[PDB]
Each structure stands twice: as C-alpha cells, then as structure tokens.
Amino acid sequence: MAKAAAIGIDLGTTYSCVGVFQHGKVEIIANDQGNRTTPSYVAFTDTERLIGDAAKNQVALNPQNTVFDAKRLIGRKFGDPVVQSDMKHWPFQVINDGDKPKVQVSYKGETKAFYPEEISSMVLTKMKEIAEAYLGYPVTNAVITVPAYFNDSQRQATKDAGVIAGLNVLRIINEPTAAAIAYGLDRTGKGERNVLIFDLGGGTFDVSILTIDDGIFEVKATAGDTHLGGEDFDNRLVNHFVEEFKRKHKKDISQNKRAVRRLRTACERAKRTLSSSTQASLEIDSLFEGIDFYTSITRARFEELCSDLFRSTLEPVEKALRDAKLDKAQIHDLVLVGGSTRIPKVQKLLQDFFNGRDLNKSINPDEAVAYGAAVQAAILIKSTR
Ligand SMILES: Nc1ncnc2c1nc(Cl)n2[C@@H]1O[C@H](CO)[C@@H](O)[C@H]1O
C-alpha cells in the first residue's frame, strides 16, 4: 500500500514539483489551489507559518519574514563568498551560527532562526502533504533531485531536509539525470548517448552534458549562470512599462513599491501569454495616482527587451561543449527544463545553434525533473520490495 509507494520531488530554487508513477503513468500532483508547481517560499506571520502559494501571495506585505532561495544557502558555510554575496539581496536576515548560516525571522511575535535544511524541510513537508491528499494515504518514500554541481555537503543537507520532513530518501539524484529519465533516454539499448539538458528556470540557468552508456549516467560538463532566469525577463518588461507610463502621463512610478509589484506580477503573466500569443494585454486598474494602465505589448517588442539575455544563454552551451570535449553534431539529444524554455525565441536560438535540431519539449519543462524523479522512485521502491 503506502510502503510500496514512492514519490518524486523536484526541490527547486523558486518552485517545487511532486510526481507519482502509478498504473503505467506519471501524475504530476496539483496542490490545493490546483497548481502543478508550488513556490519554494515559507512565510512566518503573527498567527501562522505559510508555505507555497499563500507564502508567495503575501511577500509584499511581509518581506522580512518571507523566506525563499534556501537552496542557495543549503550545505554552505556562512563565510562562503556565494552566501556573503547573496545576503546583500535578500530582505530576510541571515545570521552566523558557528560558520553555518541560519535565516532569522519574526514568528508569532518571537524571534526564531532556522537552518536552510529546516526551511527546505517545510517546503518538502508541503510536497509530501500534496501527494498524501492526492493518494488518500501517507507516502513516505521519496527521490529528491539536486543540481548536478551540488557537492557532498549540499547533497547531505538536502537528504537531512528530507529526513526532517518525514521522508525516507531513497536517493538524491541529479536534476539533468531525472530529466533524461523522463524522456527515457537511458533505455535506448547499447552505445554511449550524449545528452544536453538546457535548464532555464525562474532564477537560475544550467546547462548539463551527460553521457548514458548502457543505463549508466556520467556528468561530462556543467555550465551556466546562477543569477539568470525568468525573473530577469519580468524585470525587463517592468522597466519598459515604467518608461511607457512616464511618456503617457509624465509621472515616475519606480519609487511606488505597490505600483512596481502590481506591474511586476502583471508583466510575469503577460510574459507567459507571449509564449502562445503574438501580443498580451496589461489591465491594471488605478496603477498609480488613480490612473488605469491598459496597454499591450507584442512578442517582437518583448524579444527586443530581452534580446541580450536570450543570446547570453548560448555562451554556457558552448562552454559546456568545450569542457565535455564534444562538438555539436556529437550531441544525440537536447532536453528543455524550466518554465522559461517555453519562450519561442529561446527555443529558436537553441535550435539554430544546434543547426536546426529537434528539441525534447513534450513534457511540461517545469515538470520534467519531478516526472523523472517519480519514474526513478517507482523503480527504486520496486527493487526494495
Ligand atoms: N509559458 C511560459 N512562458 C514563459 N515563461 C514561463 C512560462 N511558464 C512559466 Cl512557469 N514560465 C516562467 O518559468 C519560471 C518558472 O520555471 C518563472 O520565471 C515563470 O515565469
């Protein structure tokens, strides 16, 4: 029953996803708000602790006590220059507890501090409860994914997050490996298969090259930009609309925090529409000083606004190919991961770079990692019996 069941969890920097392999198919499980992905956010309020959508929805009102980006801290020392650099951009407090970072917040009127693995365990507990509500029984066995470049300390702290969350961690697997499993790229018989995973998420960009020799995976190269993702494209749209509002009304909205946030969420939505329509409309009632902001933008203008950012995704692709000592024609498969890979210009740039090649994109890119993890969790729990 529950002991013969296992889930696959993609514990992402900005969003998390949970899947279950049953009756010959993967089911990506929708949360209680009907969403197939859940924000990796934890909010501490005057009455409760919020996780996911409810935590993301109140981030504007409670920025000091809304934790996100715990994956950027997990398994790291406080003195790490990555931690020191990132801390300058977060609205929550990061403290030092014997060279280990802790996030410090106000919860129910009291000062509390949490290890990154305790924050990630609250995200994992939520994914576990989402699976349990779908299945009708508690599931405890899980496969949890991590980036291919995570070292032993980051992998161990992720497994610790799983234990705190009440999960039996069957295995910690690499995100590009789970994505290759989702597409069945390890079941092509004999002979070495070279796979490139192009993973463009909400806040990070990763390129991974894997060799699959008779079911055995080997990471040949990892490249990317830890500070490039979908949110940079939302911000390019924000700057455009701030300049358009200034041209139409001769008023600068940039300093009004509420106006900028409402414009930001509307921009994120319009950006998503631009992946399937050639135009999107913004409909903001009383954006600033009682002025409605009803406008539109073409996909052509959006592509111009992010042109340099889209083109920059090809430098880590070339870098990974040189590190792996492989030419483009030596790559057998191209896999898309992350919601931002739905952007048509991004697909066109990657396809043209690989000389007109087909892309593996039939599985929802923001769900491919959880899909593969769910497949692996089923194989692993079956072998355990
Ligand atoms: N249809 C889409 N077109 C463009 N961007 C998208 C789309 N869906 C998501 Cl999610 N994202 C973005 O992916 C990230 C999460 O993986 C977020 O930045 C989200 O906006």
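For reference, positions follow the sequence shown, starting with 1. In listed order, ligands and their atoms are each counted from 1. FYI, side chains are in, hydrogens and waters are out, and symmetry mates aren't considered; it's all heavy atoms of this structure.
- The drug or drug candidate found at ligand 1 is 8-chloroadenosine.
- Going by contact count, the macromolecule most engaged with 8-chloroadenosine is what the PDB entry calls Heat shock 70 kDa protein 1A.
- The protein heavy atom nearest to atom 17 (C) of 8-chloroadenosine is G202 CA, 4.0 Å.
- Looking at 8-chloroadenosine, you'll find an N or O of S340 within less than 3.5 Å of one of its N or O atoms.
- Close contacts between 8-chloroadenosine and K271 involve ligand atoms 5 (N), 18 (O), 19 (C), 20 (O) [criterion: under 4.0 Å to a heavy atom].
- At the shortest separation from atom 8 (N) of 8-chloroadenosine among protein heavy atoms lies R342 NH1, 3.0 Å.
- Residue contact check: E268 has heavy atoms under 4.0 Å from atoms 19 (C), 20 (O) of 8-chloroadenosine.
- In chain A, 8-chloroadenosine lies within 4.0 Å of these UniProt ATP-binding residues, judged by heavy atoms: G202, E268, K271, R272, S275, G339, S340, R342.
- Atoms of 8-chloroadenosine found under 4.0 Å from any heavy atom of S275, numbered from 1 in the order shown, are 1 (N), 2 (C), 3 (N), 4 (C).
- In terms of protein heavy-atom proximity, atom 16 (O) of 8-chloroadenosine is nearest to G339 N, 3.1 Å.
- Under a 4.0 angstrom heavy-atom cut-off, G229 registers as lying outside contact with 8-chloroadenosine.
- With a non-hydrogen cut-off of 4.0 Å, the residues around 8-chloroadenosine amount to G202, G230, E268, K271, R272, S275, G339, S340, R342, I343, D366.
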